[PDB]
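The following structure holds ampicillin (open form).
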Amino acid sequence: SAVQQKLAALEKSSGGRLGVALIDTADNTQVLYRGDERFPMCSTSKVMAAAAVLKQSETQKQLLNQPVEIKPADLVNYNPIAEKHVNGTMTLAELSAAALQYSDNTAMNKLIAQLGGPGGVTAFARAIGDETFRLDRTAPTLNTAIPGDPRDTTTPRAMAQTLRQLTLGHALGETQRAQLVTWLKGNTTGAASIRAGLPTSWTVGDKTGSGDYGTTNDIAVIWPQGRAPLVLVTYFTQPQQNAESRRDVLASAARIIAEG
Ligand SMILES: *C(=O)[C@@H](NC(=O)[C@H](N)c1ccccc1)[C@@H]1N[C@@H](C(=O)O)C(C)(C)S1
């Protein structure tokens, strides 16, 4: 096609490996680039953990109000919000918001513990029809992003289809869906990623990720005004273990996608 030529040229100019999946819900048409290759999800897997807790709250009506202790031993590499409530408590709602909007790794580990381990997160993916998503580790070691390692990976095609069913489809309840959409719209980490390549008039809910090997990820659901929504997944990884993050590549991929 044409978008695929520019995405291929962008990837060639970056020195790394790019994965992109677009779903246009108007005709259920898809644009993919390496859409069936595995990529390290890094923190974009937090959307699946928050959605799995939300699915539990459909039965446990007061689940999101349940307090959870934050103890000093719970503290890991990056904890912007849970650092503030050490030796205190946080509800599951505020942990889900910390995980999605600030990418708090302690908050993610509390979501994983609430689901009974990483296998509880993968189980929820399979229950909604995602046979590709696999979460094996807690944070931060899920961000190792080793080339060829299948752990904590997915493909862009599967992630785009899953994010659509969670935020646009009916894989969740209506109250649960709207709460996740509200959370993703309030993300604070994605200004330089997919958001930077889209028209300002567009409202975006997204979750970013990053890890070793210069892994730089972003998944997003886009609402253009007067237009049916879109789902966009951009994954990027590099050959150097110490490589710097390349959020500019995700913006460029999004800009290429938005043009056509
Ligand atoms: C998931 O992607 C998380 N990433 C990490 O914990 C990495 N080990 C890390 C990379 C760089 C600096 C600190 C930790 C969290 N989500 C990232 C993101 O959304 O970009 C993060 C850097 C905010 S941490």
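In this chain, numbering begins with 1 at the start of the sequence shown. Note: hydrogens, waters and symmetry copies are ignored here, and every other heavy atom, side chains too, is used. One-based numbering, in listed order, for ligands and for the atoms of each.
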State what ampicillin (open form) is bound to in this structure, picking the chain with most contacts and naming it per the PDB entry. Beta-lactamase
What makes up the binding site of ampicillin (open form) if contacts are defined by heavy atoms under 4.0 Å? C42, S43, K46, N77, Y78, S103, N105, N143, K207, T208, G209, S210
Which ampicillin (open form) atoms are under 4.0 Å away from a heavy-atom of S43? 1 (C), 2 (O), 3 (C), 4 (N), 15 (C), 16 (N)
N/O to N/O below 3.5 Å, does that happen between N105 and ampicillin (open form)? yes
How close does the nearest protein non-hydrogen atom get to atom 24 (S) of ampicillin (open form), and which residue and atom is it? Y78 CD2, 3.7 Å
Please specify which residue and atom carry a covalent bond to ampicillin (open form). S43 OG
Just wondering, where does chain A come from, per the PDB? Klebsiella pneumoniae
For atom 21 (C) of ampicillin (open form), the protein heavy atom that lies nearest, with its residue and separation: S210 OG, 3.9 Å
What are the atoms of ampicillin (open form), with element, lying closer than 4.0 Å to any heavy atom of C42? 2 (O)
Answer yes or no: does an N/O atom from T208 fall short of 3.5 Å to an N/O atom of ampicillin (open form)? yes
Which atoms from ampicillin (open form) have a heavy atom of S103 less than 4.0 Å away? 15 (C), 16 (N), 19 (O), 23 (C)
Around atom 13 (C) of ampicillin (open form), find the nearest protein heavy atom and jot down its residue, atom name and distance. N77 ND2, 4.3 Å
Quick test: of every protein heavy atom, which one is nearest to atom 5 (C) of ampicillin (open form), and how far off is it to 0.1 Å? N143 ND2, 3.1 Å
